[PDB]
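Figure: testosterone in its bound pose on Serum albumin.
Count residues from 1 along the sequence. Method on record in the header is X-ray crystallography, 2.2 Å. Scope of the values below: all heavy atoms of this structure, side chains included, with no hydrogens, waters or symmetry mates. Just follow the structure's listing: the first ligand is 1, and inside any ligand the first atom is 1.
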Amino acid sequence: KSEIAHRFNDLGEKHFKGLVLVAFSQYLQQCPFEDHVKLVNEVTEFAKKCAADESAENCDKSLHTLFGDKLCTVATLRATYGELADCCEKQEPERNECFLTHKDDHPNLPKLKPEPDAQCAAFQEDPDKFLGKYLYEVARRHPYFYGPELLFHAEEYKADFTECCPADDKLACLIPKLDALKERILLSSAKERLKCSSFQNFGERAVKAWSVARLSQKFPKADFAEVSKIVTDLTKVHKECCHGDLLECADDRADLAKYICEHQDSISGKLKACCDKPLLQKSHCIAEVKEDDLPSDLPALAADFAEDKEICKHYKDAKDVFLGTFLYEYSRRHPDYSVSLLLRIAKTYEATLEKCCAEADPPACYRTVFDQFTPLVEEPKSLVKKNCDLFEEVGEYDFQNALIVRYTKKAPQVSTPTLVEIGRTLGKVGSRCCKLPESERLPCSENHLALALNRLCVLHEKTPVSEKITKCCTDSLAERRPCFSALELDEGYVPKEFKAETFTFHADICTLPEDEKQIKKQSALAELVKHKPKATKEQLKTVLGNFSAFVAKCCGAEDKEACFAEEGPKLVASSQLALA
Ligand SMILES: C[C@]12CC[C@H]3[C@@H](CCC4=CC(=O)CC[C@@]43C)[C@@H]1CC[C@@H]2O
Ligand SMILES: C[C@]12CC[C@H]3[C@@H](CCC4=CC(=O)CC[C@@]43C)[C@@H]1CC[C@@H]2O
């Protein structure tokens, strides 16, 4: 019984190689493309040998042993990866655990900057090399990217270049195709990173809870046993992928996609479109499937979960199953709620039973349990209404700026690039979610907010700067967004010392693209808040407007630098007075 042969036979050579390339790229993010390709081929050649004869020497070793041994043969390991050479002394599974610790969530690699003429040539010159290069580039930038899903995006990446290279207009799919794919890559990466973060920081229990809530919303027709079945299998898939077991992850994901499609009539009417597709496409469509219509025979929950006299007995006899059933029943009923809200509601239900069942007369106590949920629902609904009201009034750029001020005040010790990133991400959430139908706003906003907050938390694990951020990031997954919302200006913070050069602009800003100009100004905005943390958002908006006007004027000037030189220092000095 050869594991590597077993995976090679199940997956096929193409997907086997793709996943192995991705896995290696994620583990060793600094190595060049050619180096990894060689290791992939070496591993694949061995798999073929084992497929021919599974009794052969070393074919019965574990995948982690074989792939771990392979990574440790890389040239200049100690120089390039000083930390990783230490892992190579260790044995499995200790070695892989060491490997996973050293994955870098922020490698700070160059921007993709597609060159359509050169890339279409390389694509035509060698497609396998070209598509493989793409897997490699994204994988090392996103060390926790969902392995099988990255192969799906490589196919979209192929279809773009296939359709557009022979066309007349050279860059007819630059902004249209690659920028859209780039956006989908970011969202997908953020979604999977949350799952891996949940395993790491809160355990498998938290991942299953989240998954029960989400899949109940998606598949309200399905029975609890069906959802539990799917959650169990899907949790194992993500567990394997998050721990670098990409071949096993891909294989189990295929098995799950098959199961769902075989039982689609009892699961969801929306799956039929997904289930008449190829493998990678089918799995992707299932994963992103639209929520099914609510069945007309949804049961009233007051009887079982509020009015039944033996709830304390049920709760005590099997807490997991009873609470699991509640979460399933309440979630399928509420596609208009965010997942974290449903998890908060489930925690409040649990807490109510813990309290009420210790008292003398539990029934009278827990009779009003559903009424405790109302304030939990109103708070996020109010936040989303306020944020969307602001977004629709001022637009994305100014909405981003308001969020940068908001979060810099909460966490002024965090780096400016990180504060700008989260502010800009949460601004795009406005564009994405506030235009949706009204019932879909809350789930879209809060679910995306969870992704952006996790990004901040993951960067904070690497570079801790604030005890308040640690607390919100590690105390409770469900309470994370309310914790961050509750943060106010850190009074313990001492204003960052003034540096004139930080707010000094030059003629180089004028040649930049619009998004890059914004980031420079938004970076200055974060720095303004850091030096003057008590300045109001209204003061800051005005001062930034003056900076924007100053940049606009001097970029339209005959002598651009002389304009920046004369005008800048006065404005820099005057701005500080405006922020008192
Ligand atoms: C997965 C895939 C087939 C297998 C390809 C993969 C691109 C990268 C690659 C390079 C190789 O040298 C082996 C085959 C693989 C792994 C392709 C991208 C789309 C296509 O379906
Ligand atoms: C997270 C949680 C404990 C673990 C529960 C979860 C409901 C769903 C569930 C079902 C299971 O089969 C395992 C335990 C879990 C994952 C509960 C909801 C609130 C409670 O705190």
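Within the model, the positions assigned to testosterone, copies included, correspond to ligands 1 and 2.
Measured by heavy atoms, testosterone (ligand 2) lies under 4.0 Å from no UniProt Ca(2+)-binding residue of chain A.
UniProt assigns most of the residues of chain A contacting testosterone (ligand 2) to the domain Albumin 2. Within the listing of testosterone (ligand 2), atoms 7 (C), 8 (C) sit less than 4.0 angstrom from a heavy atom of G324.
Inclusion of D320 in the set of residues having an N or O under 3.5 Å from an N or O of testosterone (ligand 2) is not warranted. Near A209, meaning under 4.0 Å from one of its heavy atoms, testosterone (ligand 2) places the atoms 1 (C), 6 (C), 16 (C).
With ligand atoms numbered from 1 in the order given, testosterone (ligand 2) contributes 20 (C), 21 (O) to contacts under 4.0 Å with heavy atoms of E350. Under a 4.0 Å non-hydrogen cut-off, the residues that form the binding site of testosterone (ligand 2) are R205, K208, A209, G324, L327, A346, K347, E350.
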